[PDB]
Structure formats: C-alpha cells, structure tokens
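The residues of the chain are indexed from 1 along the displayed sequence. When a ligand or atom number is given, it counts from 1 through the structure's own listing order.
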Amino acid sequence: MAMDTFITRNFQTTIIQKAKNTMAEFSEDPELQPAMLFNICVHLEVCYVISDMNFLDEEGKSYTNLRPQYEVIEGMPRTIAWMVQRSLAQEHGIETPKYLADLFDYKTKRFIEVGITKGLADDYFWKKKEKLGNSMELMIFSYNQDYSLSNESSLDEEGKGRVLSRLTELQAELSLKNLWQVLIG
Ligand SMILES: O=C1c2c(O)c(=O)ccn2N([C@@H]2c3ccccc3SCc3c2ccc(F)c3F)[C@@H]2COCCN12
Ligand SMILES: [Mn+2]
Ligand SMILES: [Mn+2]
C-alpha cells in the first residue's frame, strides 16, 4: 500500500491533478517525492474546504444571490496565479503582496496564507509571520486539532472544525495504512 495508491483513494481528482502540476512546475517527481505529494494535496484540499463552505451576499453577510467568500490562488501555475493576485489586489484597491498567497478573502479584502504543520500550530504561525509580516493573513492548522489564525473575522467555528476534522481523518487513515511514518521522515 504505497502513497500513490493512498492519494488516489483519499483525494478528489481535481486536487491530485493540481498537486502533481505544481510539483511538475517545480521539477519534482511525485513518484520520488511521495511525502511532498501528500503534503501538497492536503494543503490544496484545505484551501478548497475553506473555499467551498463559505459564502457572501451583496451586503457582505456570511452563509455556509450567493458568491464565494474566498478565491483559491494555490493550485494554478504561478504565471497565472500572479496575474490573479495582482488583478484581485488592484480591483479591491489594496497592495499586491510581494509573496504569492493561497487564498483571497473577498469579505475582508485580504490575501491569506494557509499553513499545515505536524508540529505546534503556534510555532509555524510565527515562522510564516517573520517572513510575511502584515502583508497577508495566516491560517495555520495542525494534525493534532490545533490552529493559529491572524485575525478575528477569518474562518468561523464550524470552518475551523471542518478543516481540523479533515486533517485528523487523513492522519487516521495514513496511520491505519502505515504511511504516517513517511511524513514524519
Ligand atoms: O505556495 C507554496 C507553499 C505553501 O503555500 C505552503 O504553505 C507551504 C509550502 N509551499 N511550497 C510548496 C508546498 C505546498 C504545500 C505543502 C508543501 C509544500 S513543500 C515545498 C514545495 C511546494 C510546491 C512545490 C514544490 F516543489 C515544493 F518543494 C512552495 C514554497 O515556495 C512557493 C510555492 N509554495
Ligand atoms: Mn502557497
Ligand atoms: Mn500555504
């Protein structure tokens, strides 16, 4: 039971193809980098869990007529993603961040960096913060039901819970299949 089989059984094809495309863009081979493949898949999966469950009307009121609260920037070629990020910044009268974000939040008009860690969410928050400063909001999640967020009006309680349930579900299935070892190494 190898990582490639695991990925096929546990991720949607849209997620898998975007992850593999990203790896190919950076000249990395999914067959030779199975930990990396899983990590990219789960990160993109989280971006979509967040984007697929959060909506706005014209007033800007939240629901779980409607438009998505978030646009996913991750999982497209960087040539395209830079156009998207600059376009969204300029459209909303905000600075274009110098780093390529993961999401754009139409509610708050902020870019978001998503981080997944097998360590302490806090620690990873502060690493990304040291680099990104005030340029973007941060959403950091761990496998052990921890998280660290940079602002009040970002993800709600149910959204936090759904991200964390999914990560916990994936870790459980990896451990069941003796593949969690692969990520630790
Ligand atoms: O955008 C990302 C990125 C993130 O957004 C992130 O949260 C963590 C890590 N990232 N990196 C991802 C990535 C994304 C998700 C999970 C693990 C990895 S591991 C390094 C790596 C990435 C992509 C291709 C590749 F060949 C890599 F080696 C690169 C960092 O340089 C900018 C693009 N990018
Ligand atoms: Mn990214
Ligand atoms: Mn990220």
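- For ligand 1, the correct pick from doxazosin, dexverapamil, baloxavir is baloxavir.
- In this complex, the main macromolecule engaging baloxavir (ligand 1), as named in the PDB entry, is Polymerase acidic protein.
- Under a 4.0 Å non-hydrogen cut-off, the residues that form the binding site of baloxavir (ligand 1) are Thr22, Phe26, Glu28, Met36, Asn39, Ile40, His43, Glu74, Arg78, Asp102, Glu113, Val114, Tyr124, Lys128.
- Ranking protein heavy atoms by distance to atom 16 (C) of baloxavir (ligand 1), first place goes to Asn39 O, 3.4 Å.
- What sits closest to atom 27 (C) of baloxavir (ligand 1) on the protein, heavy atoms only, is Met36 SD, 3.8 Å.
- At a cut-off of 4.0 Å, the other ligands and ions listed near baloxavir (ligand 1) are ligand 2 (manganese (II) ion), ligand 3 (manganese (II) ion).
- Protein heavy atom closest to atom 3 (C) of baloxavir (ligand 1), with residue, atom name and distance, is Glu74 OE1, 4.1 Å.
- At the shortest separation from atom 32 (C) of baloxavir (ligand 1) among protein heavy atoms lies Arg78 NH1, 3.6 Å.
- In this structure, the protein non-hydrogen atom closest to atom 14 (C) of baloxavir (ligand 1) is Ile40 CG1, 3.9 Å.
- Which parts of baloxavir (ligand 1) touch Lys128 is read off a 4.0 Å heavy-atom cut-off, strictly below it: atoms 6 (C), 7 (O).
- Protein heavy atom nearest atom 26 (F) of baloxavir (ligand 1), with residue, atom name and distance: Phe26 CB, 3.0 Å.
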